[PDB]
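Featured here: a structure holding itraconazole.
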Amino acid sequence: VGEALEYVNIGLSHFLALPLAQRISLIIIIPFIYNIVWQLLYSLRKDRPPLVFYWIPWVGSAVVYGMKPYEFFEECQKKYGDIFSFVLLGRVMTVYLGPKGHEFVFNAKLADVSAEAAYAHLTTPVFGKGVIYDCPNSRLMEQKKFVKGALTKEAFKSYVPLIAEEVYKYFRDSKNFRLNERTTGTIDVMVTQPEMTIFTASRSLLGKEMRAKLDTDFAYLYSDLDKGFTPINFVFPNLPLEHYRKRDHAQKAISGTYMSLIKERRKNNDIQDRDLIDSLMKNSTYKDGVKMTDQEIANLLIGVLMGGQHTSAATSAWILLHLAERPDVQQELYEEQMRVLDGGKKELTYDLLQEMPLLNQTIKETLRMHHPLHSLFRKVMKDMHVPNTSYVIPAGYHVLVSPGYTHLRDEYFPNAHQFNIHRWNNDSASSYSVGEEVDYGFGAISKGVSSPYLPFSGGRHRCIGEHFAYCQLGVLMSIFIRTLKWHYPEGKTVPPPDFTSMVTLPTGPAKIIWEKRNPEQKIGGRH
Ligand SMILES: CC[C@@H](C)n1ncn(-c2ccc(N3CCN(c4ccc(OC[C@H]5CO[C@](Cn6cncn6)(c6ccc(Cl)cc6Cl)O5)cc4)CC3)cc2)c1=O
Ligand code: HEM
C-alpha cells in the first residue's frame, strides 16, 4: 500500500509522457471501454429495466431508433418485454410499450414527470417565451383552457363554410390544381397539403386579416419559422447559423404581426367572436389574476397554428395516399357524400359532417396507421417504481410512450398494416371516454388512458385539437371527394413514413394524379 499509492502518482505522471497520438487515441478508447464495462455492470441490476446494448458512448441507439423506431421497439420487445431503456444522444429513455405504458406515463403524477423539461427546447425557440412549455404546468393547463374556448360546436359551425371556401379557392387558384382550366393534373401531396392546411387553419383560427397576409411576401416568414420546427432543436436549439437567425427573425416578425392586430382591435374595441384572436383577447386571465401579455398571446397562437399545421397536413397527405390506391373507398365515400348532401344540393355544415361516419372512420383509420408523433416523452423528476416489477425508474431518466406502436400491433388491431376504415363501423368518433372522467384545468377528459387507440394521448397533456382536426380534415376531404378522383402514377404505391421529421410524414416525392369528376364544373369568385 506504501509503494502502491506512490506508483499511482507515478502512473498519473507517466501518462503525460505519452505521445498525443497515443494520448488522444486513449482519450477516445477509455470512455468506450468504461461504457461497455458500465453496461455489463448495469445488466446485473434487478431494479432496472433491461438496457439496450450500444457501442458508441453518448450517441447510443440514436441511429436505429431514429430511422425505424417501430421496428426498433419490436425487436427490443421480443428480447426484453414491454419495459426497457436505451441511450439516445446523452439521455436514457425508458420505453414502456402497450396500454399499461400509456397508463404509466400519461397518468403519471405531476410530481413524477415533466413534459416541459422534455419538450421546451423543441418549441420555445420556435414559438417564443412564456407559453406552452416555457412556463409551469398550471399555466399550460389554463392556456389549453383559453384555446379550447374558441373550439366549441358553435365555432366549428362557423368555421366549416370558411374552411370550405379556402379549399375551393385553393382548387381555383393554386398552380397545383386550377380546376377552371385543367381537368387532370399531378401533385406532390407534401406540397399541396401543407399549403391547404395553413390556408384553412389561418382563415378559421387566426381570422381574415391573418389569412389575407398569406397572399403577401409575409408568407415567406411562415416558411422560415416552419423550417425552425425540426427535431434538431432537441440537440441544437440555438446555433449561430442563418437557419436559426431566419427562424428567430420570423418568430419576431410574425408575433409582431399578431400583436399589431391585437392592439389594433383593442384600440377600436373591435373585439368580437370571430376567431381565436378575439377569443384570447376576451379570455386569457389566469386563476391568480395575472393576465397573458400581448406577446404571450401571440406566441401561443404561433404554437397552436404550428402544432395543428404539422399533424394535420401530414394526416391529410396520408389520407390522400391511402385513397389513391383504393378507388373502392373513394367510391364508398362519394356515395356517403351524395346521400348526406342530397346529390350536392345541400351545403356542407358542421352538423352534416357528423352524419358522415365513413369519412370520419377514414380519418380515424389514417390516424391509427399514421400517428404523426411516433414517440411521446416525459423527463422523470422523482424516482418511479414500475408497478408489479422490481423496476425503479430514477430521476434524470426519460420515459417514452408510443401509442403509434400499439396502433400497429395485430393483437390489438387485426391485420394492423392493412388500411380498413370498416374496422371502425359502430365507432366513428374521433375518440371517446369509455368511462369515468377528470379535470386538470381544461375540461373533463377520460380518467383511464388504456385504450389501445390513442392518437391524442391522454392525461394532463392530452390534445385539445382533435375536434378542430376532424372539422378541418373533414371539410377538406369531403370537398376532395366530391370534386376529384385520384390515383397513383403507374407503378407507385403508399410511401414509407419518414420517422426523422417532426411528424411521421410520408417519404417524398409522394405524387398522385387527380382528375375532375365533373370536367366542366367551374369554381366561382374572383382570381
Ligand atoms: C442524428 C442521427 C439520426 C439518425 N437521428 N437520430 C435520432 N433521430 C430522431 C429521433 C427522434 C425524432 N423525433 C421525432 C419528433 N418527435 C416529437 C416531435 C414533436 C413532439 O411534440 C409533442 C408536443 C410538443 O409539440 C406538440 C406537437 N403537437 C401536438 N398536437 C399538435 N402539435 C405541440 C403541442 C402544443 C402546441 Cl400549442 C404546439 C405543439 Cl407543436 O406536442 C413530440 C415528439 C420526437 C422524436 C426525430 C429524429 C434522428 O433523426
Ligand atoms: C391529427 C391531428 C392531431 C394529433 C394526432 C394530435 C396529437 C397530439 C398528442 C399525441 C398530444 C400529446 C403529446 C404528449 O402526450 O406528449 C397533443 C397535444 C396537444 N395538441 Fe394535438 N394533435 C393533433 C392536432 C392538433 C391541433 C389541430 C391542435 C390545435 C388546433 C393541437 C393542439 C394541441 C395542444 C394545445 C396540445 C397540448 C400540449 C400539452 O398539453 O403538453 N393538436 N396532440
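Residues 8-534, in that order, are what chain A shows, numbered as in the PDB entry. Below, all heavy atoms of this structure are taken into account, side chains as well, without hydrogens, waters or symmetry copies. Note that ligands are numbered from 1 as they come in the structure, with each ligand's atoms numbered from 1 the same way.
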Chains or ligands belonging to itraconazole: ligand 1
Bound partner of itraconazole, most contacts, as in the PDB entry: Lanosterol 14-alpha demethylase
PDB source species, chain A: Saccharomyces cerevisiae (strain YJM789)
Atoms in itraconazole flagged as close to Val311, the criterion being non-hydrogen separation under 4.0 Å: 37 (Cl)
Atoms of itraconazole close to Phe384 [distance to a heavy atom under 4.0 angstrom, numbered from 1]: 44 (C), 45 (C)
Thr318 neighbourhood, listing itraconazole atoms whose heavy-atom distance to it stays under 4.0 Å: 30 (N), 31 (C), 32 (N)
Atom 1 (C) of itraconazole touched by protein (heavy atom, under 4.0 Å): no
Nearest protein heavy atom under 4.0 Å from atom 26 (C) of itraconazole, yes or no: no
Numbered atoms and elements of itraconazole in range of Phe236, under 4.0 angstrom, heavy atoms: 40 (Cl)
Verify atom 4 (C) of itraconazole: protein non-hydrogen atom under 4.0 angstrom away: yes
Atoms of itraconazole, numbered as shown, that sit under 4.0 Å from any heavy atom of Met509: 15 (C), 18 (C)
Distance filter under 4.0 Å to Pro238 heavy atoms, resulting itraconazole atoms: 46 (C)
Among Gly314, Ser68, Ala69, closest by any non-hydrogen atom to atom 7 (C) of itraconazole: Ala69
Distance filter under 4.0 Å to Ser508 heavy atoms, resulting itraconazole atoms: 14 (C), 15 (C)
Binding site of itraconazole, heavy atoms under 4.0 Å: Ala69, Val70, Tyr72, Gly73, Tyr126, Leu129, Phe134, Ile139, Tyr140, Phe236, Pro238, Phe241, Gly310, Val311, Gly314, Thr318, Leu380, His381, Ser382, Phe384, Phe506, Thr507, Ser508, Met509
